[PDB]
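Structure first, then comments.
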Amino acid sequence: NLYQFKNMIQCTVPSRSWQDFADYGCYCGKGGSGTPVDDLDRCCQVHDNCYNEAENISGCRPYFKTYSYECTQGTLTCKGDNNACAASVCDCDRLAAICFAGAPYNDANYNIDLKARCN
Ligand SMILES: CC(=O)Oc1ccccc1C(=O)O
Ligand SMILES: [Ca+2]
């Protein structure tokens, strides 16, 4: 679920407030269309796409599904007790968190005008 995703972010990127990733580029946060503005936005595009794919699983709701995961000593793990939906969503989130940690953050791309620049 989003609360868990937020925690994954806090875990792999402890140097930025999680909010910094909540409204960035065309894909990070609410937005979900257009051309990704940079490598960080591409992380979010793939993440959004990953959620769309999981929604195909009957009864699978990525924003709300609680999965089983651990973040200890610099390592994020999705656990084995996850059903297909939970496993898929956990991996979507895990891969995005890792992606965020390796991507450059451009303050200029935070809170951009989605209606004008992302369609
Ligand atoms: C806005 C939202 O509900 O989810 C997110 C939180 C942090 C980063 C990205 C997103 C997203 O939906 O793309
Ligand atoms: Ca999005």
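All residue numbers in this chain count up from 1 along the given sequence. When a ligand or atom number is given, it counts from 1 through the structure's own listing order.
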Query - Drug identity - ligand 1 - result: acetylsalicylic acid
Report task. Write down the macromolecule with more contacts to acetylsalicylic acid than any other chain, named per UniProt. Result -> Acidic phospholipase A2 3
**Report entry** Heavy-atom shell of 4.0 Å around acetylsalicylic acid
**Finding:** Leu2, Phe5, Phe21, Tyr27, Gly29, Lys30, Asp48, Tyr63
Query raised in the report: Hey, does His47 come in under 3.5 Å of acetylsalicylic acid, counting only N/O atoms on both sides?
Result: no
**Report entry** Where acetylsalicylic acid meets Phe21 - atom numbers and elements under 4.0 angstrom, heavy-atom basis
**Finding:** 7 (C), 8 (C), 9 (C)
Query - Enumerated acetylsalicylic acid atoms positioned under 4.0 Å from heavy atoms of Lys30 - result: 1 (C)
Query raised in the report: To the nearest 0.1 Å, how far is atom 10 (C) of acetylsalicylic acid from its closest protein heavy atom, and which atom is that?
Result: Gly29 N, 3.4 Å
Query - Atom indices of acetylsalicylic acid, in the order listed, that fall short of 4.0 Å to a heavy atom of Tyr27 - result: 13 (O)
Query raised in the report: Which residues of chain A carry a UniProt Ca(2+)-binding annotation and have a heavy atom under 4.0 Å from acetylsalicylic acid?
Result: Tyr27, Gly29, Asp48
Report task. Show which other ligands and ions come under 4.0 Å from acetylsalicylic acid. Result -> ligand 2 (calcium ion)
Report task. Give the residue and atom name of whichever protein heavy atom lies nearest to atom 2 (C) of acetylsalicylic acid, and the separation in Å to one decimal. Result -> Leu2 CD1, 3.8 Å
